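A structure with selinexor (bound form).
Naming convention: chains lettered A, B, ... in sequence-line order (proteins, then strands); numbering from 1 in each chain. Note that ligands are numbered from 1 as they come in the structure, with each ligand's atoms numbered from 1 the same way.
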Amino acid sequence: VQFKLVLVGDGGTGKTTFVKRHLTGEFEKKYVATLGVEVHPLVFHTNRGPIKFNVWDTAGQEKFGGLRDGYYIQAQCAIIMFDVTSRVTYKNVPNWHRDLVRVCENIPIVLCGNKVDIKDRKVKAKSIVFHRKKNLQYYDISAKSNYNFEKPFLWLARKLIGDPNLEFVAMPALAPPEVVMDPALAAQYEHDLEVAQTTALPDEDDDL
Amino acid sequence: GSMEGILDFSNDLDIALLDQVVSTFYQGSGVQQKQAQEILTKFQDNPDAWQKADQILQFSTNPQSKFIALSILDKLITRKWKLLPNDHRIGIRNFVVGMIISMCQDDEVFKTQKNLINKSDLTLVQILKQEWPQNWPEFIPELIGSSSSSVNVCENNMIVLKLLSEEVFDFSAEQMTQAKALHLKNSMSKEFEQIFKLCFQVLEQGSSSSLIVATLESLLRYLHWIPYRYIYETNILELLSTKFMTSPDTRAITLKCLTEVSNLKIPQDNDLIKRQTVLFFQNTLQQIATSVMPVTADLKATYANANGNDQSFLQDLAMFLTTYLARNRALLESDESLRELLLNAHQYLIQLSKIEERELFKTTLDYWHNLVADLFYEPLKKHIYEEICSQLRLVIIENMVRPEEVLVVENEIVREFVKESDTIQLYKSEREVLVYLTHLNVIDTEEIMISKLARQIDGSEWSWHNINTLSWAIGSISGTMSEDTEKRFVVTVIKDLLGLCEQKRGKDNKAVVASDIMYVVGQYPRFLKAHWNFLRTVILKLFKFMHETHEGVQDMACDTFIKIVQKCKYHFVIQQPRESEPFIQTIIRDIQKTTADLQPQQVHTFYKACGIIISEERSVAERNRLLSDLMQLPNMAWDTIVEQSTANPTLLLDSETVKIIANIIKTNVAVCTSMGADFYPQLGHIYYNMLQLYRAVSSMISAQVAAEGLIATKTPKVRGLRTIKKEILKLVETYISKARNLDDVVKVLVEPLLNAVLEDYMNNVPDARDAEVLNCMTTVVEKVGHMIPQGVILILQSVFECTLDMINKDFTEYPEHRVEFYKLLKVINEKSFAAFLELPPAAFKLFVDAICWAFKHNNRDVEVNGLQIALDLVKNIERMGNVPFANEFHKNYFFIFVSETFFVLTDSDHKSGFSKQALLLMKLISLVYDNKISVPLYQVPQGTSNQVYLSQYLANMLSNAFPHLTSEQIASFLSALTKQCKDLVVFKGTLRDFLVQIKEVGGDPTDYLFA
Amino acid sequence: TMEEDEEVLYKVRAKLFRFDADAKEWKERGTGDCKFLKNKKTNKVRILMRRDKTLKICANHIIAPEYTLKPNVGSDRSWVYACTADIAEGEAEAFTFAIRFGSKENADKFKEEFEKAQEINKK
Ligand SMILES: Nc1nc2c(ncn2[C@@H]2O[C@H](COP(=O)(O)OP(=O)(O)NP(=O)(O)O)[C@@H](O)[C@H]2O)c(=O)[nH]1
Ligand SMILES: *[C@@H](CC(=O)NNc1cnccn1)n1cnc(-c2cc(C(F)(F)F)cc(C(F)(F)F)c2)n1
Ligand SMILES: [Mg+2]
């Protein structure tokens, strides 16, 4: 039960950061432009069973676009991303949507305005209307604060499985093993732990 | 493995190997997929891969391989078409056309290879953009003719025509020059009469749903631009509003078509077109009532069930009704025979407004605002909609979203974490409509609310949700009623909410009802101002909630306190009847007790609210005495902490001491924020010792960095010490930004400040420099910079070169210094430009470098200020007239600014700054073509006018930067650009035309004559 | 769900990090409720932590007695410690974890409960 999901939008809007947050839980602060596409499997556990997304995270920068719309072939859903702090990225949403629906004529699509954690918002909520005539779902999101970060996948799962009452459920938690530490390298995790002890945790000014 | 073989072009292309790489990419996974991906990209990017295209389309068995082949042709067609020899152009055309014809006539391929045919159609349209109609003025006639030979061909021709209309009318603004867009628009316009014939015939004929849907899809695009007569002088509206609404296959696209028809503004004087506008609406609503759903249907439930395409249809229905009615409902409001149609259409909207779907609700709510705002003003209209508006009152009251102020939520009633701004705008919109609805019938609104309340008292409808949405609605309509009705209204609401407080004893219960009462009371300050006895009781109750163990209620009580004070402060400074003292006196006297259980941030809000009150006292002597009373506790803790810090200056090692100091300063910041210029007496009480503390803390930080390394800056100890410095800077910045006595600022505050902060900033290691120093200095320069010319020079000397060196190695490090740095340069350049004139020539060159460095940022904060500094600097220099410094400036830097501005204009990586870049470039060019540079810009024959040399310089610059342009393109572009340097709109269009042409070969130089 | 045979000895909101020794940086693993679960049958206490909205497991391991909570240089409200067998991502991997809390009082209470649990597992 797997579905191909293509993720498109201007460079720097947070597509790869959003996926990585869902993949590993991390928040990547650095901007390393995606080269063409990166494919990652992503599984959610639902009350209707597991759903697997094959996430095709495409490049937004034209100079790194690779196969461009070739990535959209046989997609079953999509996320269009823009950055509420960059008006140009919302102005390009109709261009990404055009190229996407020319290949994928009848798929569920979520429009996501990312980076709502930033105080100086530029794309006002009242002006976000492109989704209405195009039957896209819309969410404000923040990959940094996790605001609404699950809602695009929850909505897509509901449309793809065909069950509006689908919800995410807690994955079962097997009993963890009882392993004693290794005395052959016990004198070594002094080093790997000292390094970790003296490397400051990021974002110490956050509520958590 | 050997997948890379296809990257070698010495041999012939192994099609079977290619197909394996493609299948590996699309159907594979893991590393093989990743490697195949890179190979395919490299293959596609080979400038000769297009020559392999046709043999891939001939001999490949993989549809994805052929798709990628067409992507290779598209790149060639869109960017290099006119560089091909003419024979290669006809070969590509003939091959693409034949492939399309071949795929249509094979009924099995036409069914299953839809994407590949769509991609080929788009590829053909790319050829049309280059070749049609000048080099193919029979394409449309042949397309029309060939539509009769086959149904599959006719259907596919509708797809080609749809894509052509899109590329010409919908997406041409960014992709073509003005001249080419006009050419293709006129060309389609001239041949549309025939296109419409084929379209209307197919629709009237009526083959099967496949060809109809494709024809309607193309019609949707035409409606964006075609003349009105094609829609009203034919029978097409009857077909759309009846025939094609009945079949669900065509209903979705037809509704979108009728929505586009609806949004035009009709010739508002011809009765016939009005009757036709009424008629297709009447037909459409009748088809919905009989074929889809009656007006009584439960659309909320239907949407929730989400069968088939129901959700999309209801979205499209909402868009159709709101679009049409916002434009044309007046056509239905006078004729009594149309009253039922008008009200039935609005009843469908009522039902649509009950759907649980935020974005759909916002769409209908937008329409309702349009309606009620019109009924608020238009004579004799609101009575028509009385029943509609009554239902709408119920819908909105029962679907109010949680306002910002309500900090308690259920997940178990707990405390908010995040600011829901998707919900902020929604609440504002709901409030706006409900306010209008209350004005339209205040009796109906009160009766709904009072009755719903009466059934909360009974527990007959009690729930979290029902009391919350009702309370939020009640608070949101504040200001709609007259003071007298409001009086009686609020009394009734409070009395009954209090009754509900005692009834529901749960701790979750009591928290829900407390938040609702706090919200309501905070929303009716007019009532509070008139009933002091109640206001006093409310405030004392809030003080008791400041000892609540429920953190949500506690936080909300502090916010409600300041929210009430902001509006009612005057009633806290005066002595009320029956009162022994102004209430501000009572608050201050027990402030330690009141705030004992609050977190520090909340204590600061409490002090800020007191400062609001104190600033209402205009008797200076009494105000200052209130201020000193308010600051008693922090000033005593301050006096203790500084006497104990001067003697043995090591007690600041104590983390507990650092926390105490930071909170003292944060308290001063809070009171200064609300008191502004009135805060000066308190600032003078601590200023000297505070700057001495600033120096003492700074020595500690430096000592820790030296003893522990840079990592010390991450430690809780050093972070707490820097918080002290940051808050001191914030306090000074806050006061100076609101100061009214600038003489005292300059004579008392500035010199000790600069002595304390500047050298410390300059002589710290980069990772220990506080960007807040820059922010503080920006405010100093902004407010008194004109009075401290030598102080501004001192700021530059201390922060300019060392901060520049922090930020000029990449675009990412020290992001806060980056932003503050250019805000500081901006204000210095606009208010104390003389400070840059005194700079040494080497430093002034760094200044120019720093400005152009800002250009290349993608960070909008930095980029915008950089372009503004450059523009203000050019103006600053121009204002000097014909003097050596200005002449030397132009000689050294004019062409640097021109070339650097051109670079960011054309590199496709700074699109967001186009407008400001264009403005800067137009200013620079206008300087030369107004002879406002009084010195030759060159080092070329003598006597040459600067206008001639600028053209030569730019022609040579562009020839070398864009060598694929012809000399005539560059000359035509510059000719148009220089002539238009007094008309920003036309100037910008010419720049946009250039940015199009540099992306292809063979652009027409006459395009620059468009204006 | 596989947790109803267990008793919640302690629960606290936390943010969990894992140390990427290669990149020499801490990486967030998840934010949510950190629970100390005692198995009613075996009396063994484990840490189980789930992400807020997806409810995905980001920590699942015994609170072994050989572990020691250490401070991080940049925080007074976090603990670092080495874990040898965590099955949140499936196969029992070894991790260097850091866990941060909303307040120093939370972090200190956590250490108290973490050590009490170690005594229980010491049986
Ligand atoms: N403040 C904030 N920054 C975010 C957020 N999401 C992503 N970013 C930041 O935006 C920048 C871009 O990162 P990235 O995820 O690679 O964007 P992208 O669209 O995938 N880039 P490309 O399309 O060129 O491959 C990063 O610095 C990232 O930290 C967010 O929600 N909030
Ligand atoms: C009802 C109950 C109450 O007074 N305090 N709560 C509890 C909780 N647990 C046990 C016992 N009592 N209640 C709730 N809120 C109010 C109330 C609030 C306010 C406010 F505006 F400040 F929020 C004002 C007033 C008023 F009207 F001024 F008295 C009452 N009462
Ligand atoms: Mg990316």
Counting duplicates, which parts of the structure are selinexor (bound form)?
ligand 2
Name the main binding partner of selinexor (bound form) here according to UniProt.
Exportin-1
Using a heavy-atom cut-off of 4.0 Å, enumerate the other chains touching selinexor (bound form).
B
Within reach of selinexor (bound form), part of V521(B) (heavy-atom separation under 4.0 Å)
side chain
Would you mind checking which non-hydrogen protein atom is closest to atom 11 (C) of selinexor (bound form), with the distance to 0.1 Å?
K510(B) CE, 3.8 Å
Looking at atom 1 (C) of selinexor (bound form), what's its closest protein heavy atom, distance included?
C501(B) SG, 1.1 Å
Can you tell me if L498(B) contacts selinexor (bound form) (heavy atom of the residue under 4.0 Å from the ligand)?
yes
Determine from the deposited structure the residue and atom in covalent linkage with selinexor (bound form).
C501(B) SG
At under 4.0 Å between heavy atoms, which part of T560(B) makes contact with selinexor (bound form): side chain, backbone, both or neither?
neither
Provide the residues lining selinexor (bound form) within 4.0 Å, heavy atoms only.
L498(B), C501(B), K510(B), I517(B), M518(B), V521(B), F534(B), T537(B), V538(B), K541(B), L542(B), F545(B)
Could you give the N/O to N/O pairs under 3.5 Å linking selinexor (bound form) and the protein, each with its distance?
unit_1, atom_1, unit_2, atom_2, d
selinexor (bound form), 4 (O), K541(B), NZ, 2.5
selinexor (bound form), 5 (N), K541(B), NZ, 3.4

